[PDB]
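The chain called A is the first sequence line; B is the second; the pattern continues. Shown for chain A, in order and in the PDB entry numbering: 1-44, 47-360, 369-436. Numbering, chain B: per the PDB entry, residues 1-44, 47-360, 369-436 in sequence. In order, the residues displayed for chain C correspond to 1-38, 46-437 in the PDB entry numbering, which applies throughout. Here the PDB entry sets the residue numbers for chain D, with the shown residues being 1-38, 46-437 in order. Counting convention: from 1, in listed order, for ligands and their atoms alike. Note that these values count all heavy atoms, side chains included, but never hydrogens, waters or copies made by symmetry.
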Amino acid sequence: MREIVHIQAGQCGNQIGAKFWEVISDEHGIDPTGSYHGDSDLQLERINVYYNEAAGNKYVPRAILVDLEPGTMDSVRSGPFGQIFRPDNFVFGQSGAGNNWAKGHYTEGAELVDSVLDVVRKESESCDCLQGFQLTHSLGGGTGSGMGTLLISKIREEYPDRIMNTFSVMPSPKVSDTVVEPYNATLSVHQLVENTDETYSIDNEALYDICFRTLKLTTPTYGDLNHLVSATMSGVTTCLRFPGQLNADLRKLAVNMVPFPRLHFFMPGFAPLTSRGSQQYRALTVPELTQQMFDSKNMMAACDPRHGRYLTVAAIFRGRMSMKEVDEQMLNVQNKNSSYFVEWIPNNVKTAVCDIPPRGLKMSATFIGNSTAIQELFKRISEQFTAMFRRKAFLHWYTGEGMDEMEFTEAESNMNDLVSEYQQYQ
Amino acid sequence: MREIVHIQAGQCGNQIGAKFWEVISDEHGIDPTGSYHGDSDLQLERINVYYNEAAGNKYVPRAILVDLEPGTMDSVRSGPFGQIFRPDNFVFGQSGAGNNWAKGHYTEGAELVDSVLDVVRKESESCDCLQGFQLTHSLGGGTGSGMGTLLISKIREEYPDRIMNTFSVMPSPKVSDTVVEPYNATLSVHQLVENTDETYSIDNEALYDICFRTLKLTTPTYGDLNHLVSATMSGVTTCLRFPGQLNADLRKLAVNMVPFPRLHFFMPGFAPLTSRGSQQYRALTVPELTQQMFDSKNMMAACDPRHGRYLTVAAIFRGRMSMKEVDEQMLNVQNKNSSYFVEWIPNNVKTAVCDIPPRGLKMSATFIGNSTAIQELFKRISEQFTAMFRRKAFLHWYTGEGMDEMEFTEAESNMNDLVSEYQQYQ
Amino acid sequence: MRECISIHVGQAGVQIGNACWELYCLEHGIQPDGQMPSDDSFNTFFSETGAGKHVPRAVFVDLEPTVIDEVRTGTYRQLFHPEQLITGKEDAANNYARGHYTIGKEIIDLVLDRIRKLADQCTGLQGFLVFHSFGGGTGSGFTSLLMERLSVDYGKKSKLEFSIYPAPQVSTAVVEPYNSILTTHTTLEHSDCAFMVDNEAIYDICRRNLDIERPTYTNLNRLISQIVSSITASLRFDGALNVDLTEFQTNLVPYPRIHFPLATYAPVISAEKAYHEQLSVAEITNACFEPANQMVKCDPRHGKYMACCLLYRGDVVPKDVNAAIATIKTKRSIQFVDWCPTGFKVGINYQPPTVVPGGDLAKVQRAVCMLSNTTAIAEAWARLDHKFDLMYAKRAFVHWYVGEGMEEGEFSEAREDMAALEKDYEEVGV
Amino acid sequence: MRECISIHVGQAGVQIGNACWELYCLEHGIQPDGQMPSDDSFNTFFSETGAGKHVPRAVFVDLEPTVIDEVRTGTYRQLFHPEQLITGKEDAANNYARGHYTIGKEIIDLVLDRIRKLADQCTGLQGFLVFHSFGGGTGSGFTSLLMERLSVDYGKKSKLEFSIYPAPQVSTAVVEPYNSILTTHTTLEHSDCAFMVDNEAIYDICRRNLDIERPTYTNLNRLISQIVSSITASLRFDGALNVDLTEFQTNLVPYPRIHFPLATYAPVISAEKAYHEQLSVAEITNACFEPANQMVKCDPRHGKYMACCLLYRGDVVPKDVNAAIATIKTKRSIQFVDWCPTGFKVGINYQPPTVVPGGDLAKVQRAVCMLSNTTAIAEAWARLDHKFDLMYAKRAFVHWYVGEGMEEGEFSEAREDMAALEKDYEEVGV
Ligand SMILES: CC(=O)O[C@H]1C(=O)[C@@]2(C)[C@H]([C@H](OC(=O)c3ccccc3)[C@]3(O)C[C@H](OC(=O)[C@H](O)[C@@H](NC(=O)c4ccccc4)c4ccccc4)C(C)=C1C3(C)C)[C@]1(OC(C)=O)CO[C@@H]1C[C@@H]2O
Ligand SMILES: CC(=O)O[C@H]1C(=O)[C@@]2(C)[C@H]([C@H](OC(=O)c3ccccc3)[C@]3(O)C[C@H](OC(=O)[C@H](O)[C@@H](NC(=O)c4ccccc4)c4ccccc4)C(C)=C1C3(C)C)[C@]1(OC(C)=O)CO[C@@H]1C[C@@H]2O
Ligand SMILES: Nc1nc2c(ncn2[C@@H]2O[C@H](COP(=O)(O)OP(=O)(O)OP(=O)(O)O)[C@@H](O)[C@H]2O)c(=O)[nH]1
Ligand SMILES: Nc1nc2c(ncn2[C@@H]2O[C@H](COP(=O)(O)OP(=O)(O)OP(=O)(O)O)[C@@H](O)[C@H]2O)c(=O)[nH]1
Ligand SMILES: Nc1nc2c(ncn2[C@@H]2O[C@H](COP(=O)(O)OP(=O)(O)O)[C@@H](O)[C@H]2O)c(=O)[nH]1
Ligand SMILES: Nc1nc2c(ncn2[C@@H]2O[C@H](COP(=O)(O)OP(=O)(O)O)[C@@H](O)[C@H]2O)c(=O)[nH]1
Ligand SMILES: [Mg+2]
Ligand SMILES: [Mg+2]
């Protein structure tokens, strides 16, 4: 019944993933041992979406863990929930990706993908009815960007009709840790625009802006950023895991969210978000949950939506709430902000409403914005890329893996084609 | 009532045999003294299949133990179960086979076979209705390869209608301990193709690959390889020792398994197999038990069956299970993998189902594959043989025993005839 | 005699069904386990088994498990037959073509044979009651697959159809205009009387009449079910002027394709208001001709009435009803067509409206459901085909429908057929 | 008077027998030790000795010990006479020629000696009930050795035969097509009515009706026995229209070689559905004409019916049955041949179906067993002779049969004789 297969690639993908498994195990009431300890039958009713039953009523999450280094497997396996995963689904190399896309895609991960893909088969053939693949990775560095998009290509060719749904942490100028970030991302977005059915674009600059200007965290770690990402990952699948007044499968999102095939690069968000010193003073009610959710400060990519227009927004609400109040607020937003929505679509907002809010919240909304403003995330990458590529800077590390200089020309060409298609509807 | 006579030859045959007697004594609940100490009447009901009853309710195994050296008899007789065998059934020489087939077949074992064969008569005359002979040996070295195939020839001539069923550990290039292994095996396979009704091809390379990839053993001994072999030996006779929903005698296997008379070289395997650290992450049920049982990594010969097609597979299940579920899975396998089964046979899978699973398992399945891929096991031996023989290397040790060079030409001629018959149906 | 098979499709149809069967059980005094403590009044909606258990003449169908697995687990799990609750593996994704061509294509065989096993169990059969969303993928595509089959297998039998239809402003989906326009062939060719209802109109009725500031769907479905109880009450109970399900159609439907009546109910009222006004036959009759009580956001004064069925129930008398409709004929703002000089079909039934004990709606001695064929409803079609035109001029979502086996030309062929219905309702007003 | 000798051959026949005798003991109130606490109703199936012990009129035969040694050790060890549980030393190895020529050649004159000692205790023996697998070596080869003897020794006596037959996809053996085709001479020449049953069809009945997701053989045998209790019920009990075992054949069999009826049973239902279900005579009659309830995977709509025996049992009345078969004659999808204008033989018996207390099958006031001669069954033969053709074109396993004393030409002579039966069932439909 609508099983999902989840795949983690590189350090970032395994870190946002290993936090996501702590979040959905709290929701479904599963112990770090893999045993069930929850309150409610609704927690157990759809546990098959993300888990397998195993002998003695222990539960095994349907995750594949992929890396070219042992050290992130060692960090996950030793971690808060590391004992939950199947020991055979940790698939890894020894020598890393060197922050090189071409090592991921052609050498170090091309060796390993035969050992990954045959585990993705054992999980997918154990499904009753697979709905899709849920892949966590980063577009900077070499493992997530280059091996993760190799793996997307292999799973897309093998499962052409299932949903391919990716959560993609990606480069930005003011929060960067790699010299060759622009190259790796431009080579990787060239695979995402063709193969994925949805890609949720996420930025460490926007995840630090939520931590500083909304949560007011004094020293936000990567563990705090991974918690913001994984809240929206739990959010978008909620309607296949819990009952609701309006149910929306990942495919019911895609049909409403993607007007033209390639315009599937979304921008997520979450509500409520408060400082722990101000939760005492705020109402979680749908109008306040909405005024936050559409705020340019709340979204998890650097794109101010005021520099574009939304094609579609989806608001996946959770909690006991009025359909009049939800339908009123999703109307009031796109009429009072009508200059920020495309006027050849007569209603730009999809709504969904689940009966079960997150543990310790009375209400939640997960936001998905398909916005022409997303052009500014691909443009700033492509312009960082150009200044390095025109002088062939660092290309001996990629051409040493047998990659052509023509493949950089062709990836940047396909990046400008993706920018052109979002600018066209603006 | 369908008695079996079991015969052990050389070091390997006596080692896989002396472990096999520890396994079937645990099943039948027989103490290392030879006294019955089991739980259940079903353990005692068919004890006569492998044992003679004796005074004081001691049970003596119907084994003949054959070697050209005393040192393996001394190692078995002093071993975990050594006291159980009949002192008269240890038949041995003093000077060994020198790893020479011609010493086994013409000199050292030709002296001894008159003293072996007259013990095989005492055990076969003590049977109520003998169904067959179960011979354990290796095709490398000289005792198992050359004396064991002398003994097959003598028992075949004397008992032409009884099942001759052999378990045959045989050479491979990456795990080898003898220079003259290719000569000994080629001279020995020439006897197996004509005389045996079934031969179960087993490889030390494949038995180590099962220890490393799927059992994840830190250091595998020969004692751990002998445990994998003896699990499948206990497997295939299960249906004449225990009750079941579908009973299959060794002859009911042969009629279904052997389309054309000479195509009887099988490739055994066993399930479940699982590392001692990963048992908690598993479901034992027939759908999961099947997806291991047909994995190229689980079969006990070096052949990947994906380099050929199966003629026949037999799956001898054990445990309390559904016939719908077994018949569903044995259908789903050969329809979803239809390119790996011959398409002039309308169903390639035999099934059998015993009501009594191995002690400490809820289910087990023993796999027997007749596959055109076994050509790779005879091709690589014939190609090692050819290189030594093209320059007559080591042949003074064989021609010194009065063997002709014409017998090497004729054995490798008959080996290529066996390869051509498996390649024909591919 | 007088059976109805009730088919509840997609989330909207199943959730209206979960209110319909909540009401019918109270109204006939059937427990939620299907037993009846202590006349054949239940026979239209329930099959009686020899064990003394009343099993509903319903089918619930959804292409995904979630909503029917909730029916299989809640208070009505004991009522329904375990395989009249039918579920697939895969959601229709608000895509008509998944409902009609790709996913519903598999489950249709199971649905149609479970309908056969109801129809062969009815001693005579009055019609079908089909409940669905116009905006859904299962709602539009599976209902249109099912109706095409029922219209060859049961060609004589009346197919009454209750549709939650897209609003002027309130919407839950981007592709709601595409699914609704593709449905217009179903209602035109394979339906006999189609009751359009609107979420935004009931939300406004709830705000003004029930005093509930922010309603859920449970409040809406308790109004949508009350109409079908009042349509069927003459089939189930004694009355002064009972109306048969075809007698209804012979007065509602002036022309073969002009079978889209409005519906409304009175008194919709809060229990706190209902003490301070007397709610006479004349008051509740006049309430039905207010724009404020129409359950589609269109104004009846921008139309002409062709025919009205005033289906009264409870403590009403033919004196009062004739005296009431005489005042409606006197008012010049309520305009009938020149060719319908009679105008009104009256039904009167002795059974009051049942109150759902958890509901927002008052106990009242009397109600009326007015079902009304009027030219005004063409504006609710003119709204939605203007939403369709903006998106089809871009082909704005068309690859999801073409990708699941639909012909691209069906969008033009559906917008064309809707323009011919919107023509027919303008043509007969003159 | 009215005896039957039941012969249970190979593993399938013995394990069906272990269900049959589990049923007959409950239905006659005989303990598993053969005693009877407190009418001659048992006399068809049990001889009575002066101790007050009822001993079954059964022979159990297997060429290997394993399955009958389990009957000699389980709860029925005290039911059977110890020398009518008959075993050899050597398995037949799924090889027809071991069963017929080599191994069964030794046990046959002992099997006949028991059948003689049973027939000499009968007084007007009604017939034989022979249970076997078509795919087995003992099932095909030993049954065909035995039937050839019984057809010279007891030439007048009716030989009814219950066969587990190979499926479209489900199979347990590679050589199942060879053993089945070699059996076709047995059924044609030395049998009087042969009831083919399929494991894959009962597995699907179990899945859809009983909701048992993963059944064993014990679940199949508890339906195959329920058919033979319903065939024999008129021989054992009072009824409105009892049917004799030759009266049955005079209505089933239109032509000497056309004696391969389908069989089906209704209701197949479990306790969770019985309470919601209708279970009238008209419903359990219509369930026999659904493809979903046929116990061979072939579609009756791809055939024409020659004759149906509707053998009702429990609380039915001839009014209801005539009214039910009148609806079956009305439905144009259920097509009889032009030359059988009567079509239906009806039997009605006052004894309800017994519940085995460990079983999935529910307590029900009524059942019907429909036994039905139809042209459709020729497709189950067209499946299997296409499996035979692929293997015989290679001689794919033929050395095992030629090696055990069979003529190689018998494979051609058996495929030839099957093509003449598959011709005869196509020829009479016209
Ligand atoms: C008493 C009270 O109101 O406690 C709140 C709280 O104070 C606030 C500040 C919480 C709190 O969030 C944080 O501290 C935080 C810090 C960094 C990054 C992200 C969150 C909270 O920790 C987070 C926690 O949320 C949950 O437990 C959800 O179920 C959440 N899961 C987890 O956070 C989680 C943590 C550890 C292990 C497993 C799960 C979730 C969200 C989406 C989908 C599924 C689950 C909640 C409500 C609270 C505290 C406890 C203070 C907030 O988070 C959420 C998602 O509600 C941050 O702003 C909101 C508003 C809340 O008012
Ligand atoms: C608590 C528990 O579940 O223990 C299991 C166990 O953990 C696992 C890992 C066992 C274990 O297997 C091994 O350690 C092993 C090592 C090298 C070669 C072969 C096996 C086990 O030792 C093996 C042992 O198997 C048996 O006892 C069988 O009856 C077996 N006979 C023997 O192994 C045996 C050993 C000593 C003396 C006499 C017999 C058998 C196999 C085929 C046919 C007949 C009998 C079992 C169930 C287990 C342990 C104990 C951990 C496994 O083996 C079997 C045959 O089940 C290896 O993968 C399976 C899965 C089991 O879960
Ligand atoms: N009144 C009311 N309207 C509902 C209810 N449930 C859904 N709707 C309406 O249904 C319309 C959309 O149809 P869906 O609910 O998506 O229909 P569906 O058949 O389940 O669609 P699919 O998921 O694609 O199969 C929206 O406009 C909702 O307002 C309900 O319980 N009551
Ligand atoms: N329903 C049912 N089918 C059975 C049963 N046992 C065996 N079968 C069917 O029997 C067929 C094969 O015949 P065998 O069981 O091998 O018959 P056999 O006579 O014992 O064959 P031999 O061992 O060669 O003597 C298979 O297709 C099985 O599905 C049983 O108890 N019930
Ligand atoms: N949110 C988040 N970002 C991370 C984390 N670890 C690294 N990143 C950031 O995103 C990039 C991820 O690249 P990385 O995963 O190291 O490359 P890979 O291991 O080769 O795939 C880094 O440059 C960091 O800026 C993490 O735990 N969480
Ligand atoms: N599995 C297994 N293989 C063995 C064992 N002992 C030896 N072998 C291997 O298989 C070959 C057996 O030959 P061997 O039995 O020594 O020759 P023989 O004594 O003359 O018959 C050796 O070369 C080893 O590689 C054992 O205990 N178990
Ligand atoms: Mg739906
Ligand atoms: Mg048998």
### Message
Any chance you know which drug is at ligand 1?
### Response
Taxol
### Query
Which macromolecule does Taxol (ligand 1) make the most contacts with, named the way the PDB entry names it?
Tubulin beta chain
### Query
Which other chains have a heavy atom under 4.0 Å from Taxol (ligand 1)?
A
### Query
What organism is given for chain A in the entry?
Bos taurus
### Query
Which other-chain residues have at least one non-hydrogen atom less than 4.0 Å from Taxol (ligand 1)?
A:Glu22, A:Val23, A:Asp26, A:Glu27, A:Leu217, A:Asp226, A:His229, A:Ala233, A:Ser236, A:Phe272, A:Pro274, A:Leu275, A:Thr276, A:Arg278, A:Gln281, A:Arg320, A:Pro360, A:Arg369, A:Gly370, A:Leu371
